[PDB]
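Overview of a structure with caffeine.
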Amino acid sequence: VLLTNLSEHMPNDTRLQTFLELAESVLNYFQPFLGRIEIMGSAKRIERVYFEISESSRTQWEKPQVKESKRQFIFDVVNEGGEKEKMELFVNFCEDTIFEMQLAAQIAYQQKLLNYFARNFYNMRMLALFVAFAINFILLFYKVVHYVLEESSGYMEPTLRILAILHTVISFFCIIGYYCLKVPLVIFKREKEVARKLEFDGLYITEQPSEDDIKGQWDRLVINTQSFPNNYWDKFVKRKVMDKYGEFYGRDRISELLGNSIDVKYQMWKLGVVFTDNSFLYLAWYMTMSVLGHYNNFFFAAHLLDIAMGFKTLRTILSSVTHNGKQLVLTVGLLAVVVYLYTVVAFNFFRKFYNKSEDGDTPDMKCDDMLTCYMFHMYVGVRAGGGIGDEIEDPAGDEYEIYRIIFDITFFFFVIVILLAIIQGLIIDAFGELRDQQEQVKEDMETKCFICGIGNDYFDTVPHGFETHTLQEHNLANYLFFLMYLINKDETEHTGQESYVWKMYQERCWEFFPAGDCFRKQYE
Amino acid sequence: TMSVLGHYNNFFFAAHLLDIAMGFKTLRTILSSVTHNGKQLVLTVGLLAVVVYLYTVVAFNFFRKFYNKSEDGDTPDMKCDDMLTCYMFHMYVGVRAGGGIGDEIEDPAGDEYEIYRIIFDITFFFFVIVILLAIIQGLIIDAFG
Amino acid sequence: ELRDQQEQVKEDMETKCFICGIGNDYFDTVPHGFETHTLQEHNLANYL
Ligand SMILES: Nc1ncnc2c1ncn2[C@@H]1O[C@H](COP(=O)(O)OP(=O)(O)OP(=O)(O)O)[C@@H](O)[C@H]1O
Ligand SMILES: Nc1ncnc2c1ncn2[C@@H]1O[C@H](COP(=O)(O)OP(=O)(O)OP(=O)(O)O)[C@@H](O)[C@H]1O
Ligand SMILES: Cn1c(=O)c2c(ncn2C)n(C)c1=O
Ligand SMILES: [Ca+2]
Ligand SMILES: [Zn+2]
Ligand SMILES: [Zn+2]
């Protein structure tokens, strides 16, 4: 570090170069370990910082529980979320990702088994799909009561009965394995958001949140429990509120409010936050059809919709229906009224044309009943290609001839041409827009620096120039390793920077991330 | 190698007309636009072939009695109550039509499943032909666009 | 097009000051910076 810290700080020194060059088995041994950041260090001028990256933590920014959490976060902040909480959303990501890298290290005999399932989750939900093809390939051979036939050999229908009871087993081993891989994380982001709300702000003492914000009201059941911050690493949050609010209000009211055999009020609260978590319910519904898959074999054909949740350019299709969805109900709400408004006119003038019959000798079928004339238009008039002039007798020799051409030629030119274009239009332009936001993030991170926010133009200006600015000088992984490194340092051991940062991290100002300039934007 | 095969049959000199494709510019672009965006194309036809399958399981397990490609019952009536044959009935007739599946299905009027079968058709038109066969054409034209 | 003009007004008022006509870039430059320029310094209700 010392040989580095002069080469970075003082260039144009020929004495140091031959001095540096004989240490090349050392500097090119430690460059795996030499994490560099840049901060605005207390003097209104920006200086480098050098530290130690451990090796048990360089190999846990692999292990794709974390890399899944990175690519969700990176797409989260740079899409929406303004500058006033950009970096505050960064440190709120680095706080959680340390808890994942502790969870990744620990991943009677039951504890040995339970870590086999949380380890192999992504490699087991993939197996729960390949079985569901082999059910819905075998199930294609049915014939009519419904008995299966064979085409290959005699041993076909037992292999369905084997692969069906196997599928309930695997789909039960993918909500066990989900229960010990992601549920401890969503517990942690819930406990932080309650512990950092009653303490730094106070709501169960001062605000008392209303009947709106339901998840505020459910959190009231956990503060009376004993082992409250079970994952939030901060086991003295109970005493910090008493020393903060025990004098404006009673020291006895707070101690009533706060405080083989297990805690029961916490365990009732832990399940209360799993079942409203959105990604867990799909893992339940994917399992509860498997139990229903033995009452009838066809229910393993609803497991093919894991193609939808399981890919990327098919997850976007499924999301495009409800992305623009609020304008969608209001338009179908207009389409169902215009077709109704063309049913009142057709009922009150034109009963005599509506014959779905066969040439009059048949006891002719009519559509002179209001609800049945209504469902005649919605089922035949919309879905046709020419409007309503198809299933209506040809008007030629009639008193209402011109008064009925107008009734058809608007119907085609007001419902099928217009109103069933901007129904398809609000779905395709949803998919045409949502596939662009996931392309801008692919671009907005490759022509801008994340933490500086500078640009590819200024930082290029040398051969191979943006690459080194994001692989040495910022490299936002390093800003997470740095805040992992402060924790293992003793508080007496903090150097000059590492206790101006760590003090600022407690008060949470975040003025020390380099806002505008980096290093080369003030030197030369 | 088609020219050598062009003497075993004269029609094989009609596969040499595709040198119009490799040989121009604004027709080389058409040919390349199919596979330029092609990775999202298989994943979507991979969804279209599953939704139509998922509407075959429902139609097989509830609605055999409507699927008559026959002539008025005195004919030894043709059915579609066989799973693979009901599947290729939807992929060949239900997609390529203009109104979904309410064309080659008998008109449901006096039935116990009347409202439960309008819903089976009006989604099929509003989930496969309107949506899913727009963003199949959409991934080809916006590739060329 | 008409659903876009009602989206630009939703944007042209949230990345510009109405009466200054300055922009979100210059007035941000501090933590929480455009919000106070339009809730104290101009806030066009106050001019009414
Ligand atoms: N501050 C930054 N930190 C890291 N990367 C940055 C930063 N600013 C811009 N980038 C760009 O973002 C890219 C990082 O995204 P990239 O996809 O390469 O990550 P990855 O290691 O490939 O993992 P994944 O593909 O899962 O995201 C870098 O190549 C870099 O060009
Ligand atoms: N000069 C300005 N005066 C007021 N608002 C401004 C001005 N310049 C920009 N703005 C932006 O316009 C927004 C005001 O529109 P906003 O929709 O918030 O009004 P509102 O109080 O919510 O009422 P309504 O929703 O009915 O318009 C402010 O939040 C501000 O960000
Ligand atoms: C113990 N501990 C902390 O003390 C801590 C932390 N993050 C911030 N702090 C302050 N983490 C993740 C942590 O485990
Ligand atoms: Ca010291
Ligand atoms: Zn930078
Ligand atoms: Zn102004």
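In what follows, every chain begins at residue 1, and chains take the letters A, B, ... in the order their sequences are listed. Start at 1 and go down the list; that is how both ligands and their atoms are numbered. All heavy atoms count here, side chains included; hydrogens, waters and symmetry mates do not. Recorded method for this deposit: electron microscopy, 3.9 Å. A restricted portion of the entry is shown here, and the contact count covers that portion and nothing more.
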If I want every instance of caffeine, which ligands or chains should I look at? ligand 3
I'd love to know the main binding partner of caffeine in this entry - how is it named in the PDB entry? RyR2
Which other chains lie near caffeine, in the sense of having some heavy atom under 4.0 Å away? A
What organism is named as the source of chain A in the metadata of the entry? Sus scrofa
